[PDB]
Amino acid sequence: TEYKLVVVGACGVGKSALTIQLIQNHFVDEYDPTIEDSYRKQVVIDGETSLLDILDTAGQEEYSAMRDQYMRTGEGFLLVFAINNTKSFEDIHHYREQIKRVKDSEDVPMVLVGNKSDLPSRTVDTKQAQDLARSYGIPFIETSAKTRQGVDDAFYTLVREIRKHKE
Ligand SMILES: *CCC(=O)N1CCN2C(=O)c3cc(F)c(-c4ccc(F)c5sc(N)c(C#N)c45)c(Cl)c3OCC[C@H]2C1
Ligand SMILES: Nc1nc2c(ncn2[C@@H]2O[C@H](COP(=O)(O)OP(=O)(O)O)[C@@H](O)[C@H]2O)c(=O)[nH]1
Ligand SMILES: [Mg+2]
(Lines of atoms letter the chains of each structure in order from A and count residues from 1; the text may use other names and numbers.)
(Lines give C-alpha, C1' and ligand atoms only; values in the text may rest on other atoms or scores of the structure.)
(Ligands and ions follow the chains in the order given, each with its own letter.)
Protein backbone atom coordinates (compact mmCIF):
# COMPACT_ATOMS: atom_id res chain seq x y z
CA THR A 1 0.00 0.00 0.00
CA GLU A 2 1.10 3.53 -0.88
CA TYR A 3 -0.28 6.76 0.60
CA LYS A 4 0.07 10.15 -1.11
CA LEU A 5 0.30 12.73 1.68
CA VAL A 6 0.44 16.48 1.06
CA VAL A 7 1.84 18.96 3.56
CA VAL A 8 0.22 22.41 3.33
CA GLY A 9 0.13 25.63 5.34
CA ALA A 10 1.39 29.22 5.30
CA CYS A 11 4.99 30.28 4.77
CA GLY A 12 7.26 29.61 7.71
CA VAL A 13 5.06 27.14 9.64
CA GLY A 14 7.53 24.27 9.24
CA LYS A 15 6.23 22.25 6.26
CA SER A 16 9.78 21.59 5.02
CA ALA A 17 11.21 21.12 8.51
CA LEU A 18 8.54 18.54 9.35
CA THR A 19 9.06 16.71 6.06
CA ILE A 20 12.86 16.68 6.32
CA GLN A 21 12.71 15.55 9.94
CA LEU A 22 10.42 12.68 8.91
CA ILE A 23 12.51 11.69 5.86
CA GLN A 24 16.08 12.56 6.82
CA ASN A 25 15.93 12.45 10.63
CA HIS A 26 17.35 15.96 11.11
CA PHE A 27 16.12 19.49 11.75
CA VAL A 28 16.70 22.24 9.18
CA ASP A 29 17.31 25.72 10.59
CA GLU A 30 16.58 27.34 7.19
CA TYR A 31 15.17 25.87 3.99
CA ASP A 32 14.67 27.78 0.74
CA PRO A 33 10.89 28.48 0.56
CA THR A 34 10.78 27.84 -3.20
CA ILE A 35 11.94 24.22 -3.00
CA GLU A 36 9.07 21.79 -3.51
CA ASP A 37 9.70 18.07 -3.73
CA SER A 38 8.14 14.69 -3.05
CA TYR A 39 9.85 12.12 -0.83
CA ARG A 40 9.20 8.44 -0.17
CA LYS A 41 9.52 6.62 3.15
CA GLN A 42 8.66 3.01 4.02
CA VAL A 43 7.04 2.63 7.44
CA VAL A 44 5.03 0.16 9.52
CA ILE A 45 1.72 1.45 10.90
CA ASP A 46 -0.48 -0.87 12.97
CA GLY A 47 1.51 -3.87 11.70
CA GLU A 48 1.09 -2.98 7.99
CA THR A 49 4.11 -1.98 5.91
CA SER A 50 3.34 0.99 3.66
CA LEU A 51 5.06 3.49 1.41
CA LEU A 52 4.46 7.16 2.15
CA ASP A 53 4.81 9.59 -0.74
CA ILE A 54 5.04 13.02 0.84
CA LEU A 55 4.65 16.27 -1.11
CA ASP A 56 6.11 19.28 0.65
CA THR A 57 4.25 22.18 -1.01
CA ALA A 58 6.22 25.38 -1.61
CA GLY A 59 6.71 28.36 -3.91
CA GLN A 60 3.93 30.76 -4.94
CA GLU A 61 0.21 30.13 -5.25
CA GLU A 62 -1.00 28.81 -8.60
CA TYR A 63 -4.68 28.38 -9.58
CA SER A 64 -4.29 26.41 -12.81
CA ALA A 65 -5.91 23.20 -14.02
CA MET A 66 -2.49 21.50 -13.82
CA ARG A 67 -1.85 22.61 -10.22
CA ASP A 68 -5.34 21.56 -9.14
CA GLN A 69 -4.85 18.18 -10.81
CA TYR A 70 -1.55 17.67 -9.00
CA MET A 71 -3.01 18.57 -5.59
CA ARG A 72 -6.05 16.36 -6.30
CA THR A 73 -3.69 13.34 -6.35
CA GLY A 74 -3.21 13.81 -2.60
CA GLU A 75 -5.04 11.20 -0.53
CA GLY A 76 -4.59 13.05 2.77
CA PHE A 77 -3.46 16.50 3.85
CA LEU A 78 -1.54 17.81 6.84
CA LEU A 79 -2.82 21.30 7.67
CA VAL A 80 0.19 22.88 9.36
CA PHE A 81 0.24 26.09 11.39
CA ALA A 82 2.80 27.38 13.89
CA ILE A 83 1.68 27.72 17.52
CA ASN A 84 3.48 31.08 17.79
CA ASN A 85 1.82 32.58 14.69
CA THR A 86 -1.89 33.40 14.88
CA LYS A 87 -2.08 34.44 11.21
CA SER A 88 -0.89 30.96 10.20
CA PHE A 89 -3.79 29.51 12.19
CA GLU A 90 -6.20 31.97 10.54
CA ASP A 91 -4.89 30.79 7.15
CA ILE A 92 -5.94 27.16 7.77
CA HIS A 93 -9.45 28.05 6.56
CA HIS A 94 -8.09 28.94 3.09
CA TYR A 95 -6.16 25.69 2.79
CA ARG A 96 -9.17 23.63 3.83
CA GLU A 97 -11.37 25.47 1.31
CA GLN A 98 -8.97 24.65 -1.53
CA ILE A 99 -8.73 20.98 -0.53
CA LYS A 100 -12.53 20.71 -0.34
CA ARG A 101 -12.79 22.31 -3.79
CA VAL A 102 -10.30 20.10 -5.64
CA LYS A 103 -11.30 16.87 -3.90
CA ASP A 104 -14.98 17.85 -4.27
CA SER A 105 -15.69 16.47 -0.79
CA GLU A 106 -16.43 17.36 2.85
CA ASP A 107 -14.79 14.12 4.10
CA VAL A 108 -11.18 14.40 2.87
CA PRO A 109 -8.59 12.81 5.22
CA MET A 110 -6.89 15.69 7.03
CA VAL A 111 -4.98 16.26 10.26
CA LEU A 112 -4.49 19.65 11.89
CA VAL A 113 -0.88 20.11 12.98
CA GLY A 114 0.29 22.72 15.46
CA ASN A 115 4.02 22.91 14.86
CA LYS A 116 6.88 24.58 16.79
CA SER A 117 5.59 23.09 20.06
CA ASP A 118 9.12 23.42 21.50
CA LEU A 119 8.98 27.24 21.46
CA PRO A 120 7.97 29.34 24.51
CA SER A 121 6.24 32.12 22.60
CA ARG A 122 2.82 30.47 22.10
CA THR A 123 -0.03 32.62 20.73
CA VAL A 124 -2.47 29.87 19.66
CA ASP A 125 -3.96 27.97 22.62
CA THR A 126 -4.07 24.17 22.35
CA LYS A 127 -7.76 24.37 23.35
CA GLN A 128 -8.50 26.73 20.45
CA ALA A 129 -6.91 24.39 17.89
CA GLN A 130 -8.74 21.46 19.49
CA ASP A 131 -12.06 23.31 19.29
CA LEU A 132 -11.62 24.01 15.60
CA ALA A 133 -10.41 20.47 14.91
CA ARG A 134 -13.51 19.14 16.68
CA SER A 135 -15.73 21.42 14.56
CA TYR A 136 -14.00 20.07 11.43
CA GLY A 137 -14.16 16.45 12.63
CA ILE A 138 -10.39 15.93 12.23
CA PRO A 139 -7.51 14.97 14.57
CA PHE A 140 -5.21 17.62 16.02
CA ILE A 141 -1.54 16.85 16.79
CA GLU A 142 1.10 19.17 18.27
CA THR A 143 4.56 18.70 16.75
CA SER A 144 8.08 19.96 16.82
CA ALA A 145 10.18 19.41 13.70
CA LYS A 146 13.11 20.43 15.91
CA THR A 147 12.77 17.88 18.71
CA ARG A 148 10.78 15.18 16.80
CA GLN A 149 7.79 15.53 19.16
CA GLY A 150 4.63 14.34 17.42
CA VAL A 151 6.25 13.99 13.98
CA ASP A 152 5.53 10.30 13.38
CA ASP A 153 2.18 10.66 15.12
CA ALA A 154 1.06 13.42 12.74
CA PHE A 155 1.91 11.48 9.58
CA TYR A 156 0.76 8.10 10.95
CA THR A 157 -2.53 9.57 12.17
CA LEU A 158 -3.10 10.89 8.66
CA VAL A 159 -2.44 7.42 7.22
CA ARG A 160 -4.98 5.96 9.67
CA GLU A 161 -7.51 8.57 8.49
CA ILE A 162 -6.87 7.54 4.87
CA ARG A 163 -7.16 3.83 5.67
CA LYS A 164 -10.53 4.47 7.35
CA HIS A 165 -11.75 6.47 4.34
CA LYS A 166 -10.63 3.96 1.68
CA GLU A 167 -11.65 0.76 3.51
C1 LIG B 1 6.62 30.70 1.79
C2 LIG B 1 6.11 29.92 0.60
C3 LIG B 1 5.05 28.95 1.03
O4 LIG B 1 5.34 27.92 1.65
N5 LIG B 1 3.72 29.18 0.77
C6 LIG B 1 3.25 30.45 0.18
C7 LIG B 1 2.26 30.22 -0.95
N8 LIG B 1 1.31 29.10 -0.72
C9 LIG B 1 0.05 29.20 -1.22
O10 LIG B 1 -0.44 30.31 -1.47
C11 LIG B 1 -0.80 28.01 -1.41
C12 LIG B 1 -2.10 28.06 -0.94
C13 LIG B 1 -2.95 26.95 -1.20
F14 LIG B 1 -4.19 26.98 -0.73
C15 LIG B 1 -2.53 25.82 -1.89
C16 LIG B 1 -3.46 24.72 -2.17
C17 LIG B 1 -3.85 23.84 -1.16
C18 LIG B 1 -4.72 22.79 -1.43
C19 LIG B 1 -5.23 22.63 -2.71
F20 LIG B 1 -6.06 21.62 -2.99
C21 LIG B 1 -4.87 23.49 -3.72
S22 LIG B 1 -5.38 23.41 -5.36
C23 LIG B 1 -4.40 24.76 -5.78
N24 LIG B 1 -4.34 25.20 -7.06
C25 LIG B 1 -3.71 25.28 -4.69
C26 LIG B 1 -2.88 26.40 -4.86
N27 LIG B 1 -2.21 27.31 -5.09
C28 LIG B 1 -3.97 24.54 -3.46
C29 LIG B 1 -1.20 25.79 -2.34
CL30 LIG B 1 -0.59 24.39 -3.16
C31 LIG B 1 -0.34 26.88 -2.12
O32 LIG B 1 0.91 26.90 -2.70
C33 LIG B 1 1.94 26.16 -2.04
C34 LIG B 1 2.77 27.10 -1.14
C35 LIG B 1 1.87 27.85 -0.12
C36 LIG B 1 2.70 28.23 1.14
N1 LIG C 1 11.90 25.93 16.96
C2 LIG C 1 11.36 25.44 15.84
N3 LIG C 1 11.62 26.01 14.66
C4 LIG C 1 11.00 25.37 13.64
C5 LIG C 1 10.17 24.27 13.69
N6 LIG C 1 9.72 23.92 12.42
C7 LIG C 1 10.28 24.82 11.63
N8 LIG C 1 11.07 25.71 12.31
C9 LIG C 1 11.82 26.81 11.74
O10 LIG C 1 10.88 27.70 11.17
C11 LIG C 1 11.39 28.23 9.92
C12 LIG C 1 10.42 27.89 8.81
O13 LIG C 1 10.46 26.47 8.58
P14 LIG C 1 10.20 25.90 7.10
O15 LIG C 1 10.20 24.41 7.20
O16 LIG C 1 11.09 26.57 6.12
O17 LIG C 1 8.69 26.42 6.85
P18 LIG C 1 7.78 26.29 5.53
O19 LIG C 1 7.85 27.63 4.84
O20 LIG C 1 6.39 25.99 6.09
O21 LIG C 1 8.38 25.15 4.67
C22 LIG C 1 12.81 27.69 9.78
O23 LIG C 1 13.73 28.62 10.34
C24 LIG C 1 12.76 26.40 10.62
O25 LIG C 1 14.01 26.05 11.17
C26 LIG C 1 9.88 23.69 14.95
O27 LIG C 1 9.13 22.73 15.20
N28 LIG C 1 10.53 24.35 15.99
MG1 LIG D 1 9.16 25.05 2.59
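The residue numbers of chain A are those assigned by the PDB entry, with the residues present covering 2-168 sequentially. Heads up, header says this was done by X-ray crystallography, 1.1 Å. Only this structure's heavy atoms are used, side chains among them; waters, hydrogens and symmetry mates stay out. Both counts, for ligands and for their atoms, begin at 1 and track the order of listing.
According to the PDB, the drug at ligand 1 is olomorasib (bound form). Counting heavy-atom pairs under 4.5 Å, the chain with the most contacts to olomorasib (bound form, ligand 1) is listed in the PDB entry as Isoform 2B of GTPase KRas. With a non-hydrogen cut-off of 4.0 Å, the residues around olomorasib (bound form, ligand 1) amount to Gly10, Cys12, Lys16, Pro34, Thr58, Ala59, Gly60, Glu62, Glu63, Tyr64, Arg68, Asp69, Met72, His95, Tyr96, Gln99, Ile100, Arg102, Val103.
Lab note: ligands/ions < 4.0 Å from olomorasib (bound form, ligand 1) = none found. As modeled, a covalent bond connects olomorasib (bound form, ligand 1) with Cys12 SG. Close N/O approach between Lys16 and olomorasib (bound form, ligand 1) is found [any backbone or side-chain N/O within under 3.5 Å]. Interface of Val103 with olomorasib (bound form, ligand 1), defined as ligand atoms under 4.0 Å from a residue heavy atom, comprises 20 (F), 22 (S). Close approach to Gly60 involves these atoms of olomorasib (bound form, ligand 1), each under 4.0 Å from a residue heavy atom: 2 (C), 3 (C), 5 (N), 6 (C), 7 (C), 34 (C).
Near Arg102, the atoms of olomorasib (bound form, ligand 1) lying under 4.0 angstrom from a non-hydrogen atom of the residue are 22 (S). Note: an N/O pair closer than 3.5 Å links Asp69 and olomorasib (bound form, ligand 1) by distance alone.
Olomorasib (bound form, ligand 1) has an N or O atom lying under 3.5 Å from an N or O atom of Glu63, backbone or side chain.
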